[PDB]
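AZD6738 bound to Transcription initiation factor TFIID subunit 1.
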Amino acid sequence: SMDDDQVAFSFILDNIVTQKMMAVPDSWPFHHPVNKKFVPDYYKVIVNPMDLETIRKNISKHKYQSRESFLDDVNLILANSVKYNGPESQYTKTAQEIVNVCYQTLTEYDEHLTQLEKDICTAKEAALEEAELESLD
Ligand SMILES: C[C@@H]1COCCN1c1cc(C2([S@](C)(N)O)CC2)nc(-c2ccnc3[nH]ccc23)n1
């Protein structure tokens with residue numbers, strides 16, 4: 001079912017986050033949203049904040065239906081470090097390793113993720129078609 005497939009897809013992504021990305025050494029700056037009381041300037045600069053806790057919350061809500069949408073938020077972590085800390089900051093080097101281990105692990109699971117992504121997309125289109133046919137009955 002689309003529910004079993006979304007659960008599987010989300011579990012794979014969550015395991016990539018907790019077992020690989022969160023395990024990158026010294027990755028603590030990216031585990032949670034920046035606290036405005038600690039870094040008030042952060043939210044004057046960073047318009048689209050992102051972090052690994054927020055990604056996990058999004059996974060639990062089944063936000064990500066595709067590898068692309070998942071990686072959109074993953075890359076935001078890196079892009080935001082480039083902007084706030086600079087492209088050569090040690091913070092950005094760490095964010096880069098987080099992104100790289102994400103890519104590496106996605107590649108290991110690309111066969112299964114690609115199939116889940118396709119099957120979720122077909123089931124979603126079918127449910128949309130049926131809902132529209134029912135509303136017009
Ligand atoms: C602003 C820096 C550099 O870019 C990425 C995130 N970064 C963070 C992130 C955090 C959080 S947190 C405690 N939830 O705000 C998410 C874990 N914290 C501090 C921080 C907080 C207080 N003093 C500090 N001194 C130096 C850094 C620092 N930096």
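For the single chain, residues carry numbers from 1 onward in sequence order. Atoms within a ligand are numbered from 1 in the order they appear, just like the ligands themselves. Basis for what follows: all heavy atoms, side chains included, without hydrogens, waters or symmetry-related copies.
With a non-hydrogen cut-off of 4.0 Å, the residues around AZD6738 amount to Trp28, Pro29, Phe30, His32, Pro33, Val34, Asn35, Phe38, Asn85, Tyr91. Distances from atom 25 (N) of AZD6738 to the protein include no heavy-atom value under 4.0 Å.
Taking a cut-off of under 4.0 Å to the non-hydrogen atoms of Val34, the atoms of AZD6738 that pass are 6 (C), 9 (C), 15 (O).
The nearest heavy-atom contact from the protein to atom 22 (C) of AZD6738 is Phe38 CB, 3.7 Å. Protein heavy atom at the shortest distance from atom 15 (O) of AZD6738 is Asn35 N, 2.8 Å. Residue, atom and distance of the protein heavy atom nearest to atom 16 (C) of AZD6738 are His32 O, 3.1 Å. The shortest N/O to N/O separation between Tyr91 and AZD6738 does not fall below 3.5 Å. UniProt assigns most of the residues of chain A contacting AZD6738 to the domain Bromo 2. Among all non-hydrogen protein atoms, the one lying nearest atom 17 (C) of AZD6738 is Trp28 O, 3.5 Å. There is no protein heavy atom closer than 4.0 angstrom to atom 28 (C) of AZD6738.
Going by the entry, the organism behind chain A is Homo sapiens. For AZD6738, the atoms sitting less than 4.0 Å from at least one non-hydrogen atom of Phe30 are 5 (C), numbered in the order shown with element in parentheses. Scanning the protein for heavy atoms near atom 6 (C) of AZD6738, the closest one is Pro29 O, 3.4 Å.
Here the heavy atom of the protein found nearest to atom 20 (C) of AZD6738 is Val39 CG2, 4.2 Å. At under 3.5 Å, a nitrogen or oxygen of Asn85, whether backbone or side chain, sits near a nitrogen or oxygen of AZD6738.
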